[PDB]
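Since the structure comes first, as structure tokens, the remarks are kept for the end.
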Amino acid sequence: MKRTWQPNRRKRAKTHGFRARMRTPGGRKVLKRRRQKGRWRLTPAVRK
Amino acid sequence: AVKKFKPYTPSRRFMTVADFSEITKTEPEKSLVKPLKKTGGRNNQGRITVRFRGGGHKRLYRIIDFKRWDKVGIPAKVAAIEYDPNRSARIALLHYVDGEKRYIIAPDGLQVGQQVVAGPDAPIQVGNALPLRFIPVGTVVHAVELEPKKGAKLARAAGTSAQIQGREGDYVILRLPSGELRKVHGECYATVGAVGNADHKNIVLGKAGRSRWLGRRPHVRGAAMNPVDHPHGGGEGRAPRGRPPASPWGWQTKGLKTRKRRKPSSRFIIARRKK
RNA sequence: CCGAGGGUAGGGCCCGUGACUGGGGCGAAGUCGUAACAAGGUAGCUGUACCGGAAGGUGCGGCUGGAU
RNA sequence: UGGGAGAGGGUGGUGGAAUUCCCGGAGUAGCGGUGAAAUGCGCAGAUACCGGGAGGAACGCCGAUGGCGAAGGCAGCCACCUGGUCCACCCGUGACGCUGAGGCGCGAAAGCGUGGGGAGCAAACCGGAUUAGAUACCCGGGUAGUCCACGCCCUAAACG
RNA sequence: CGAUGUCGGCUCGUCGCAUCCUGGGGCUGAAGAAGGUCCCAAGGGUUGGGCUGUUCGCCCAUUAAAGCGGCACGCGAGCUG
RNA sequence: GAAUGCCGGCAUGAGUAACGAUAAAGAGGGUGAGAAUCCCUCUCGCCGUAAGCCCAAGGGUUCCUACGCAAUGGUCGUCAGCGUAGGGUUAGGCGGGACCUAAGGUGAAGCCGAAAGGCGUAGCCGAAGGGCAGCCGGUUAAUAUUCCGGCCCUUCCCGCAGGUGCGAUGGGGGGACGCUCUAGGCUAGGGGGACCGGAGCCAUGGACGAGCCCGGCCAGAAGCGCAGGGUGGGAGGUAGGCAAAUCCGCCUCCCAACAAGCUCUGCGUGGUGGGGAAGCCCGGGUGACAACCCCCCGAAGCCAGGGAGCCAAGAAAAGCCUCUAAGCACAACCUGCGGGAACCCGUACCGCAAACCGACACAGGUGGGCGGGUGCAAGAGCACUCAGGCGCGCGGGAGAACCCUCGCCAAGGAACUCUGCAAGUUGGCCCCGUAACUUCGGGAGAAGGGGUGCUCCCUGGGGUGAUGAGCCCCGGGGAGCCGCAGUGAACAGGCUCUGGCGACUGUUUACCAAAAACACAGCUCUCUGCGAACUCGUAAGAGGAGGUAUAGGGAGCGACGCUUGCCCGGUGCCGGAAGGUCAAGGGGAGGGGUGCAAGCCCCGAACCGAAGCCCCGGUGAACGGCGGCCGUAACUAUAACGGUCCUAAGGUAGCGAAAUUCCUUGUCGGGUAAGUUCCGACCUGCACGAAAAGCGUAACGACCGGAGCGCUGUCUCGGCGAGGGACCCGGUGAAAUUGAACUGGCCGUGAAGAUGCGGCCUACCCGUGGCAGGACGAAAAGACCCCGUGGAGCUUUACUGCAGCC
RNA sequence: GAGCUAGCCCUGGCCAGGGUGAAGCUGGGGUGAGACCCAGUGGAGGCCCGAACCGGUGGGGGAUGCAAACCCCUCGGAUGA
Ligand SMILES: O=C(N[C@H](CO)[C@H](O)c1ccc([N+](=O)[O-])cc1)C(Cl)Cl
Ligand SMILES: [Mg+2]
Ligand SMILES: [Mg+2]
Ligand SMILES: [Mg+2]
Ligand SMILES: [Mg+2]
Ligand SMILES: [Mg+2]
Ligand SMILES: [Mg+2]
Ligand SMILES: [Mg+2]
Ligand SMILES: [Mg+2]
Ligand SMILES: [Mg+2]
Ligand SMILES: [Mg+2]
Ligand SMILES: [Mg+2]
Ligand SMILES: [Mg+2]
Ligand SMILES: [Mg+2]
Ligand SMILES: [Mg+2]
Ligand SMILES: [Mg+2]
Ligand SMILES: [Mg+2]
Ligand SMILES: [Mg+2]
Ligand SMILES: [Mg+2]
Ligand SMILES: [Mg+2]
Ligand SMILES: [Mg+2]
Ligand SMILES: [Mg+2]
Ligand SMILES: [Mg+2]
Ligand SMILES: [Mg+2]
Ligand SMILES: [Mg+2]
Ligand SMILES: [Mg+2]
Ligand SMILES: [Mg+2]
Ligand SMILES: [Mg+2]
Ligand SMILES: [Mg+2]
Ligand SMILES: [Mg+2]
Ligand SMILES: [Mg+2]
Ligand SMILES: [Mg+2]
Ligand SMILES: [Mg+2]
Ligand SMILES: [Mg+2]
Ligand SMILES: [Mg+2]
Ligand SMILES: [Mg+2]
Ligand SMILES: [Mg+2]
Ligand SMILES: [Mg+2]
Ligand SMILES: [Mg+2]
Ligand SMILES: [Mg+2]
Ligand SMILES: [Mg+2]
Ligand SMILES: [Mg+2]
Ligand SMILES: [Mg+2]
Ligand SMILES: [Mg+2]
Ligand SMILES: [Mg+2]
Ligand SMILES: [Mg+2]
Ligand SMILES: [Mg+2]
Ligand SMILES: [Mg+2]
Ligand SMILES: [Mg+2]
Ligand SMILES: [Mg+2]
Ligand SMILES: [Mg+2]
Ligand SMILES: [Mg+2]
Ligand SMILES: [Mg+2]
Ligand SMILES: [Mg+2]
Ligand SMILES: [Mg+2]
Ligand SMILES: [Mg+2]
Ligand SMILES: [Mg+2]
Ligand SMILES: [Mg+2]
Ligand SMILES: [Mg+2]
Ligand SMILES: [Mg+2]
Ligand SMILES: [Mg+2]
Ligand SMILES: [Mg+2]
Ligand SMILES: [Mg+2]
Ligand SMILES: [Mg+2]
Ligand SMILES: [Mg+2]
Ligand SMILES: [Mg+2]
Ligand SMILES: [Mg+2]
Ligand SMILES: [Mg+2]
Ligand SMILES: [Mg+2]
Ligand SMILES: [Mg+2]
Ligand SMILES: [Mg+2]
Ligand SMILES: [Mg+2]
Ligand SMILES: [Mg+2]
Ligand SMILES: [Mg+2]
Ligand SMILES: [Mg+2]
Ligand SMILES: [Mg+2]
Ligand SMILES: [Mg+2]
Ligand SMILES: [Mg+2]
Ligand SMILES: [Mg+2]
Ligand SMILES: [Mg+2]
Ligand SMILES: [Mg+2]
Ligand SMILES: [Mg+2]
Ligand SMILES: [Mg+2]
Ligand SMILES: [Mg+2]
Ligand SMILES: [Mg+2]
Ligand SMILES: [Mg+2]
Ligand SMILES: [Mg+2]
Ligand SMILES: [Mg+2]
Ligand SMILES: [Mg+2]
Ligand SMILES: [Mg+2]
Ligand SMILES: [Mg+2]
Ligand SMILES: [Mg+2]
Ligand SMILES: [Mg+2]
Ligand SMILES: [Mg+2]
Ligand SMILES: [Mg+2]
Ligand SMILES: [Mg+2]
Ligand SMILES: [Mg+2]
Ligand SMILES: [Mg+2]
Ligand SMILES: [Mg+2]
Ligand SMILES: [Mg+2]
Ligand SMILES: [Mg+2]
Ligand SMILES: [Mg+2]
Ligand SMILES: [Mg+2]
Ligand SMILES: [Mg+2]
Ligand SMILES: [Mg+2]
Ligand SMILES: [Mg+2]
Ligand SMILES: [Mg+2]
Ligand SMILES: [Mg+2]
Ligand SMILES: [Mg+2]
Ligand SMILES: [Mg+2]
Ligand SMILES: [Mg+2]
Ligand SMILES: [Mg+2]
Ligand SMILES: [Mg+2]
Ligand SMILES: [Mg+2]
Ligand SMILES: [Mg+2]
Ligand SMILES: [Mg+2]
Ligand SMILES: [Mg+2]
Ligand SMILES: [Mg+2]
Ligand SMILES: [Mg+2]
Ligand SMILES: [Mg+2]
Ligand SMILES: [Mg+2]
Ligand SMILES: [Mg+2]
Ligand SMILES: [Mg+2]
Ligand SMILES: [Mg+2]
Ligand SMILES: [Mg+2]
Ligand SMILES: [Mg+2]
Ligand SMILES: [Mg+2]
Ligand SMILES: [Mg+2]
Ligand SMILES: [Mg+2]
Ligand SMILES: [Mg+2]
Ligand SMILES: [Mg+2]
Ligand SMILES: [Mg+2]
Ligand SMILES: [Mg+2]
Ligand SMILES: [Mg+2]
Ligand SMILES: [Mg+2]
Ligand SMILES: [Mg+2]
Ligand SMILES: [Mg+2]
Ligand SMILES: [Mg+2]
Ligand SMILES: [Mg+2]
Ligand SMILES: [Mg+2]
Ligand SMILES: [Mg+2]
Ligand SMILES: [Mg+2]
Ligand SMILES: [Mg+2]
Ligand SMILES: [Mg+2]
Ligand SMILES: [Mg+2]
Ligand SMILES: [Mg+2]
Ligand SMILES: [Mg+2]
Ligand SMILES: [Mg+2]
Ligand SMILES: [Mg+2]
Ligand SMILES: [Mg+2]
Ligand SMILES: [Mg+2]
Ligand SMILES: [Mg+2]
Ligand SMILES: [Mg+2]
Ligand SMILES: [Mg+2]
Ligand SMILES: [Mg+2]
Ligand SMILES: [Mg+2]
Ligand SMILES: [Mg+2]
Ligand SMILES: [Mg+2]
Ligand SMILES: [Mg+2]
Ligand SMILES: [Mg+2]
Ligand SMILES: [Mg+2]
Ligand SMILES: [Mg+2]
Ligand SMILES: [Mg+2]
Ligand SMILES: [Mg+2]
Ligand SMILES: [Mg+2]
Ligand SMILES: [Mg+2]
Ligand SMILES: [Mg+2]
Ligand SMILES: [Mg+2]
Ligand SMILES: [Mg+2]
Ligand SMILES: [Mg+2]
Ligand SMILES: [Mg+2]
Ligand SMILES: [Mg+2]
Ligand SMILES: [Mg+2]
Ligand SMILES: [Mg+2]
Ligand SMILES: [Mg+2]
Ligand SMILES: [Mg+2]
Ligand SMILES: [Mg+2]
Ligand SMILES: [Mg+2]
Ligand SMILES: [Mg+2]
Ligand SMILES: [Mg+2]
Ligand SMILES: [Mg+2]
Ligand SMILES: [Mg+2]
Ligand SMILES: [Mg+2]
Ligand SMILES: [Mg+2]
Ligand SMILES: [Mg+2]
Ligand SMILES: [Mg+2]
Ligand SMILES: [Mg+2]
Ligand SMILES: [Mg+2]
Ligand SMILES: [Mg+2]
Ligand SMILES: [Mg+2]
Ligand SMILES: [Mg+2]
Ligand SMILES: [Mg+2]
Ligand SMILES: [Mg+2]
Ligand SMILES: [Mg+2]
Ligand SMILES: [Mg+2]
Ligand SMILES: [Mg+2]
Ligand SMILES: [Mg+2]
Ligand SMILES: [Mg+2]
Ligand SMILES: [Mg+2]
Ligand SMILES: [Mg+2]
Ligand SMILES: [Mg+2]
Ligand SMILES: [Mg+2]
Ligand SMILES: [Mg+2]
Ligand SMILES: [Mg+2]
Ligand SMILES: [Mg+2]
Ligand SMILES: [Mg+2]
Ligand SMILES: [Mg+2]
Ligand SMILES: [Mg+2]
Ligand SMILES: [Mg+2]
Ligand SMILES: [Mg+2]
Ligand SMILES: [Mg+2]
Ligand SMILES: [Mg+2]
Ligand SMILES: [Mg+2]
Ligand SMILES: [Mg+2]
Ligand SMILES: [Mg+2]
Ligand SMILES: [Mg+2]
Ligand SMILES: [Mg+2]
Ligand SMILES: [Mg+2]
Ligand SMILES: [Mg+2]
Ligand SMILES: [Mg+2]
Ligand SMILES: [Mg+2]
Ligand SMILES: [Mg+2]
Ligand SMILES: [Mg+2]
Ligand SMILES: [Mg+2]
Ligand SMILES: [Mg+2]
Ligand SMILES: [Mg+2]
Ligand SMILES: [Mg+2]
Ligand SMILES: [Mg+2]
Ligand SMILES: [Mg+2]
Ligand SMILES: [Mg+2]
Ligand SMILES: [Mg+2]
Ligand SMILES: [Mg+2]
Ligand SMILES: [Mg+2]
Ligand SMILES: [Mg+2]
Ligand SMILES: [Mg+2]
Ligand SMILES: [Mg+2]
Ligand SMILES: [Mg+2]
Ligand SMILES: [Mg+2]
Ligand SMILES: [Mg+2]
Ligand SMILES: [Mg+2]
Ligand SMILES: [Mg+2]
Ligand SMILES: [Mg+2]
Ligand SMILES: [Mg+2]
Ligand SMILES: [Mg+2]
Ligand SMILES: [Mg+2]
Ligand SMILES: [Mg+2]
Ligand SMILES: [Mg+2]
Ligand SMILES: [Mg+2]
Ligand SMILES: [Mg+2]
Ligand SMILES: [Mg+2]
Ligand SMILES: [Mg+2]
Ligand SMILES: [Mg+2]
Ligand SMILES: [Mg+2]
Ligand SMILES: [Mg+2]
Ligand SMILES: [Mg+2]
Ligand SMILES: [Mg+2]
Ligand SMILES: [Mg+2]
Ligand SMILES: [Mg+2]
Ligand SMILES: [Mg+2]
Ligand SMILES: [Mg+2]
């Protein structure tokens, strides 16, 4: 049946993407935390 | 002259439609239409603030002339009478001798090819707009401004009208469509006649699908819900109200008045509606 | 081929009968009231409507086949 | 052909008297109601009185033992549309007449549908009183209805 | 109670005997036939339907008879629901 | 040494289940160390509105070639979507961007909020919508509307020539729109040809034939032809289109009007450029100078912005055309022609799936286009087949039980069972015929019956064409033939009677309930005069609504029919400028602390003083409520009638053992051989009852009862047969569970149900296929139940607050 | 976090074939005029049958599954809420 993951590149980029995070107090804290933790990717990769 | 149908489906048995007899032009004036942005009942927050709205037929908004003191003394010809889906009244397309074109609400009895005019000395004739002070007592009017130059506010739906009862200083006394007696300032414009399409109220929608066409989504009784949802929610089996009948938000809904007490316009209302 | 009739299926008219039910007729001396006949003690009657244990009452209009 | 009388019918206007309610003024201890009362209303200011307003329904006098219509029925006043009818003259048609099973239309009230309207009145209903009772008669309230439009109903002591 | 699945049915039996029938008896208010009552006896047998979820019970048509109980009210790692 | 402890390792179950659709395989020949599994050929089977082909998303080298097989592949592997390496994606015209706007998002102005932030007009962003210029063929191992070839086209820049008041982000036009139905003409696609081209074939009884078999086109600029779309021309006036305007709008006049002209598409033709089969021979060659023609069918596509009808009344903006404004008229714009200029990103491959979403090469899920032929009335249905694609990545045997899916069955025919559950039956089309009831539509495919193939003969009308022929479509009558059987296979209602509930089509507990529940048109009450009420928000601001009482919110009821009674004492709500109570505040009689005093400071009575509450009324489709006892009739019985107590008032019409009735399988009647169910009645209704509506109701229902007919493996009562498993052999090889075990029966005992204790009995050691009585078998720290001064949802006249409102 | 699901907003797309035959319109009849009747035309509808598509009624199978909701048979809707 129809499962929950239905990939959509524009959806992915517009929702979790770098510019979405920077636009918002909480999203910037996301970027700030993932930098402090040393994440290699701060944001989900998507082909665009 | 509401039209019936033979019972050739279960729903056609009761359905009635308007006869559309007065309509003479079945496509709108292109320079006068705008896109009418549906809300679904949602506000600028995305939140439903009026329940059970959405899903109706697409409509274009037809701009209407609710001022008419815009063109004092300039007569116009009634070019056509048209269907307007944003309102129960029909609308009349006016060709001013100016060349300008405008829509008004089409009063009852208004004929295509006749002339209307607005102003302090327009004839007292169906379709003409004057300040209220210059309209003789006893006259039936519609599209009544409520305050000078603010736009027609009262008696705009199909069949409705207000009557001029008397005068008092700068104000006239109207009996509104609801039967309330109210003082409206004499410089407020109004239009001789009653609104047309008085048969409108006799239309029998006929089936649930018809309400859906109009953008009306199914209304859920509170008694049909659970207590997380409504004062009337819950109970094993059916249940009477078991408390004073109430809205989803808990306020009482059989009798409880709701007009604000200290509202400044109270000085201008003579008799609240009756019946 | 037609054909007495037999069979299958579905209709129409009539008769009989049926738990129970409706009112009708009748029946020397039952129970309740007293509507009508006198102005019958609220003139009667009337078509209709609503109501009432019951006769009946009341509303609307009509008739005199009503009195003084 | 020339005239006549008439609440004959339909539409639309519009006139005053009265009732009710509302507003203002003035005024105080009751008013109302009956056979007598009581319910009811009234010092939160009624009744009685004056001025204003709103709304519905019915048209006093004239009015009659009257008039009109086929009947049911029709009553302020005005205009318009319209029917029946009578008289004069003796002009025209030339028996073209009578009645009429069916059919069709009309048909008081009450009632029914859908809108409207609602002052007065008032089935139902409530209360007061009377009474052995009083699902009545009398009194205080009062909803349909009574009014308008369209559509039904088609009854009668629709009787001379 | 860190789980012993709980009515009825179906299937499959097996046991007790306070025995429904069949076999053997004594008493009889046992003429005969047919019963009643008690004793001995558990080898075998103990039907098909209507109603109800029903167990049970009533009813129909039969029968030699249409027995009563136990087995976690036998049997859901066998079925049904 | 234990914590259903933690991490890791390794056992048991076990050579056990399984190896993922029952579309299916066999053989020969290659290769290789090794082959059921890789390659080739022949035979067989499966899909074919796909299981084929082309797009979009998503995926991201999986593409092609060489080398290779440790692991991955459910077996094998020489093979592969795997390992290593090399190669491969080419655009002014395809798609997106340098164009437009949609919701929405963002947001100079501006508004709001402790902060973070929230809004917000214009503007900007935003597409699978608008707009915009490329078709056919060839080529590569792998890209192609991209390279090549042929024939077309767009914009930008510059110049030449001609023409014109040129000029815009501003005005106007246009762009520009629904649903259903639909005309004419075409194209796509398809069928046939006794015509044209073709390698060949004659078999096994016959055929050298009007035989068989294969193919018979595609793209094309200008011009031309056919079919369509779009559009009146002139003149005068002019105050409107937020400046101007010759434009547009409005008024008038003349003329034109189912046309025509102009304009723009579609289709046809068209210089020219391509393609071109079977077969035969090693993707290629040949066929081949290939032929490329006629007839018919024919779109849902095209002409298109076409026509008609209808109500629920159907985007925007740019491109484009026109108007003028500053300006400029040595400019500029328009037309034609010529030269130059033309950027960025995508392009491989998978794409109903082994490459996407489901942990897997997973029987699931995934939007658009094409989707051939024949027959069956039609069709995208069904059967078979084309092109193309597959046989589903373990096999080989055997022919037990048992399971699954399937076929048949003597006599019976629901006796099965909670229930005809399940499975039979029926089954398409044509014709005949069809009841109660009804809201007149319906019920209706009611029911029930008849026909159905093939052959010859006669004949009716329509399309194309020509009026005929041919092809094609709908028939009509007569005579025959065969079989058990003619919708001969596949696809395709069993019917009826009668109740309950709900009017109806719809909706729902994703994944145990599809219903009588929700919704529904419709009815009523109620609030709301507009900066409405109400809702979301602290606010600003939104929705309501660019609506205005024939409208909007809330509530109940639930099509329709006939109806909806009595109670306002309590609660609610509505009305009530009196009266009672009433907080802050006003007021300050009169006290007190202190100070030598002036003073400073404190307490404080009457009285004035809102809402609310009290109080007086109203109000039921507001919350709600609608009695008890005793007596009485000339047979008995029962009480129309009476007495009395209480109430705010004592349940009306209608209905009633009911989806409600406890006693209960009430009683009587019907149906049955028999009926706790069903239906009709009665009424002592435990405990119906009138918008939490009452009683009905045609039609409707995968709802729930009861009955009958038809027919059956449901059953008496089972039997046989088929295939997939189970079983055996080769390959690969799990699981929960598990204190250890050398793990029998009885009768007892024991914490009360013992393989493990006692006494007896029985018993050689170890497996394999089976069955499930036990191991109080497994699974899940019982959901029930209780306990915890544990938690959470929900309610209210529990307590106490808060929003909101007064 | 609304790439699942629920509602709404914007913009597109999809629904083989067959059946029934409303209004209107035309004509005929009818009448003083009418209503109205009949035939033809017409093509309405939360109309009917049935694929795609959307569902999920009953039963069976599956139950360490092909699958953490699947499979087979059967069944509802299919121009509309
Ligand atoms: O809870 C169950 N049964 C328990 C066993 O732990 C017990 O046997 C039981 C069964 C039935 C019962 N009853 O009918 O009341 C009570 C307890 C089973 Cl349903 Cl899992
Ligand atoms: Mg889903
Ligand atoms: Mg995307
Ligand atoms: Mg996307
Ligand atoms: Mg997205
Ligand atoms: Mg976002
Ligand atoms: Mg982003
Ligand atoms: Mg911050
Ligand atoms: Mg910050
Ligand atoms: Mg990481
Ligand atoms: Mg790094
Ligand atoms: Mg991140
Ligand atoms: Mg109708
Ligand atoms: Mg009708
Ligand atoms: Mg109209
Ligand atoms: Mg526009
Ligand atoms: Mg809006
Ligand atoms: Mg917004
Ligand atoms: Mg936001
Ligand atoms: Mg709301
Ligand atoms: Mg809404
Ligand atoms: Mg309108
Ligand atoms: Mg409106
Ligand atoms: Mg005013
Ligand atoms: Mg209405
Ligand atoms: Mg609408
Ligand atoms: Mg509604
Ligand atoms: Mg509702
Ligand atoms: Mg509920
Ligand atoms: Mg509920
Ligand atoms: Mg919630
Ligand atoms: Mg709560
Ligand atoms: Mg609550
Ligand atoms: Mg409740
Ligand atoms: Mg409830
Ligand atoms: Mg209840
Ligand atoms: Mg409930
Ligand atoms: Mg209650
Ligand atoms: Mg309440
Ligand atoms: Mg409020
Ligand atoms: Mg009012
Ligand atoms: Mg015989
Ligand atoms: Mg009398
Ligand atoms: Mg008397
Ligand atoms: Mg009398
Ligand atoms: Mg009375
Ligand atoms: Mg007094
Ligand atoms: Mg006083
Ligand atoms: Mg009035
Ligand atoms: Mg004469
Ligand atoms: Mg009357
Ligand atoms: Mg009384
Ligand atoms: Mg007395
Ligand atoms: Mg009244
Ligand atoms: Mg009458
Ligand atoms: Mg326990
Ligand atoms: Mg355990
Ligand atoms: Mg356990
Ligand atoms: Mg013996
Ligand atoms: Mg004897
Ligand atoms: Mg003895
Ligand atoms: Mg024995
Ligand atoms: Mg029994
Ligand atoms: Mg028992
Ligand atoms: Mg019993
Ligand atoms: Mg015997
Ligand atoms: Mg026993
Ligand atoms: Mg016991
Ligand atoms: Mg017991
Ligand atoms: Mg047991
Ligand atoms: Mg058991
Ligand atoms: Mg079980
Ligand atoms: Mg059991
Ligand atoms: Mg067990
Ligand atoms: Mg067990
Ligand atoms: Mg220890
Ligand atoms: Mg341990
Ligand atoms: Mg632990
Ligand atoms: Mg561990
Ligand atoms: Mg380790
Ligand atoms: Mg481990
Ligand atoms: Mg290990
Ligand atoms: Mg082992
Ligand atoms: Mg084993
Ligand atoms: Mg296994
Ligand atoms: Mg497996
Ligand atoms: Mg299959
Ligand atoms: Mg199979
Ligand atoms: Mg072979
Ligand atoms: Mg091999
Ligand atoms: Mg090998
Ligand atoms: Mg082989
Ligand atoms: Mg091969
Ligand atoms: Mg095919
Ligand atoms: Mg991937
Ligand atoms: Mg390998
Ligand atoms: Mg290997
Ligand atoms: Mg290696
Ligand atoms: Mg492997
Ligand atoms: Mg695998
Ligand atoms: Mg090798
Ligand atoms: Mg490549
Ligand atoms: Mg190119
Ligand atoms: Mg550039
Ligand atoms: Mg833009
Ligand atoms: Mg600012
Ligand atoms: Mg900010
Ligand atoms: Mg954006
Ligand atoms: Mg953009
Ligand atoms: Mg685009
Ligand atoms: Mg392009
Ligand atoms: Mg081209
Ligand atoms: Mg190519
Ligand atoms: Mg337009
Ligand atoms: Mg438009
Ligand atoms: Mg569009
Ligand atoms: Mg429409
Ligand atoms: Mg056509
Ligand atoms: Mg072509
Ligand atoms: Mg064809
Ligand atoms: Mg061509
Ligand atoms: Mg001008
Ligand atoms: Mg050659
Ligand atoms: Mg299509
Ligand atoms: Mg088109
Ligand atoms: Mg816009
Ligand atoms: Mg110059
Ligand atoms: Mg020019
Ligand atoms: Mg650039
Ligand atoms: Mg490519
Ligand atoms: Mg592909
Ligand atoms: Mg598929
Ligand atoms: Mg696809
Ligand atoms: Mg693949
Ligand atoms: Mg993969
Ligand atoms: Mg997942
Ligand atoms: Mg596989
Ligand atoms: Mg798959
Ligand atoms: Mg073909
Ligand atoms: Mg067919
Ligand atoms: Mg296979
Ligand atoms: Mg397959
Ligand atoms: Mg074997
Ligand atoms: Mg067979
Ligand atoms: Mg056979
Ligand atoms: Mg048989
Ligand atoms: Mg039978
Ligand atoms: Mg039989
Ligand atoms: Mg049976
Ligand atoms: Mg049995
Ligand atoms: Mg059942
Ligand atoms: Mg049954
Ligand atoms: Mg069958
Ligand atoms: Mg069939
Ligand atoms: Mg019948
Ligand atoms: Mg019939
Ligand atoms: Mg019947
Ligand atoms: Mg019936
Ligand atoms: Mg009928
Ligand atoms: Mg038939
Ligand atoms: Mg025949
Ligand atoms: Mg044959
Ligand atoms: Mg069928
Ligand atoms: Mg229903
Ligand atoms: Mg329901
Ligand atoms: Mg009902
Ligand atoms: Mg109903
Ligand atoms: Mg309903
Ligand atoms: Mg439907
Ligand atoms: Mg659930
Ligand atoms: Mg569910
Ligand atoms: Mg679930
Ligand atoms: Mg289920
Ligand atoms: Mg349920
Ligand atoms: Mg259903
Ligand atoms: Mg529901
Ligand atoms: Mg309903
Ligand atoms: Mg109703
Ligand atoms: Mg109403
Ligand atoms: Mg707020
Ligand atoms: Mg707005
Ligand atoms: Mg409303
Ligand atoms: Mg509303
Ligand atoms: Mg409902
Ligand atoms: Mg009826
Ligand atoms: Mg009360
Ligand atoms: Mg009261
Ligand atoms: Mg009260
Ligand atoms: Mg106060
Ligand atoms: Mg109560
Ligand atoms: Mg009460
Ligand atoms: Mg006596
Ligand atoms: Mg009554
Ligand atoms: Mg009863
Ligand atoms: Mg009942
Ligand atoms: Mg019930
Ligand atoms: Mg009850
Ligand atoms: Mg009972
Ligand atoms: Mg019982
Ligand atoms: Mg019985
Ligand atoms: Mg009987
Ligand atoms: Mg009884
Ligand atoms: Mg209630
Ligand atoms: Mg009923
Ligand atoms: Mg019914
Ligand atoms: Mg019915
Ligand atoms: Mg249904
Ligand atoms: Mg159903
Ligand atoms: Mg039965
Ligand atoms: Mg039968
Ligand atoms: Mg069997
Ligand atoms: Mg077999
Ligand atoms: Mg062996
Ligand atoms: Mg092995
Ligand atoms: Mg392996
Ligand atoms: Mg041990
Ligand atoms: Mg040991
Ligand atoms: Mg052992
Ligand atoms: Mg042993
Ligand atoms: Mg013990
Ligand atoms: Mg023991
Ligand atoms: Mg032992
Ligand atoms: Mg030992
Ligand atoms: Mg010992
Ligand atoms: Mg021992
Ligand atoms: Mg021992
Ligand atoms: Mg032993
Ligand atoms: Mg073995
Ligand atoms: Mg074994
Ligand atoms: Mg066992
Ligand atoms: Mg067992
Ligand atoms: Mg066990
Ligand atoms: Mg245990
Ligand atoms: Mg056990
Ligand atoms: Mg478990
Ligand atoms: Mg625990
Ligand atoms: Mg526990
Ligand atoms: Mg637990
Ligand atoms: Mg307990
Ligand atoms: Mg405590
Ligand atoms: Mg404690
Ligand atoms: Mg606690
Ligand atoms: Mg809590
Ligand atoms: Mg979503
Ligand atoms: Mg998605
Ligand atoms: Mg469809
Ligand atoms: Mg169709
Ligand atoms: Mg037919
Ligand atoms: Mg027809
Ligand atoms: Mg027409
Ligand atoms: Mg339909
Ligand atoms: Mg049909
Ligand atoms: Mg589904
Ligand atoms: Mg299913
Ligand atoms: Mg079945
Ligand atoms: Mg499962
Ligand atoms: Mg399935
Ligand atoms: Mg199926
Ligand atoms: Mg269907
Ligand atoms: Mg269809």
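Here is the naming used below: chain letters follow the sequence lines, and residue numbers restart at 1 for every chain. First listed ligand is number 1; within each ligand, the first listed atom is number 1. Part of the entry, not all of it, is on display, and contacts are counted within that displayed part. Just so you know, these numbers use all the heavy atoms, side chains as well, and skip hydrogens, waters and symmetry mates.
- Per the PDB entry, the macromolecule in most contact with ligand 1 is 23S Ribosomal RNA.
- The option from gemfibrozil, chloramphenicol, triclocarban that is found at ligand 1 is chloramphenicol.
- Other chains having non-hydrogen atoms less than 4.0 Å from chloramphenicol: E, F.
- As stated in the entry, the source of RNA chain E is Thermus thermophilus HB8.
- Checking distances under 4.0 Å from chloramphenicol turns up no other ligands or ions.
- Residues touching chloramphenicol within 4.0 Å, heavy atoms only: E:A3, E:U4, E:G5, E:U6, F:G782, F:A783.
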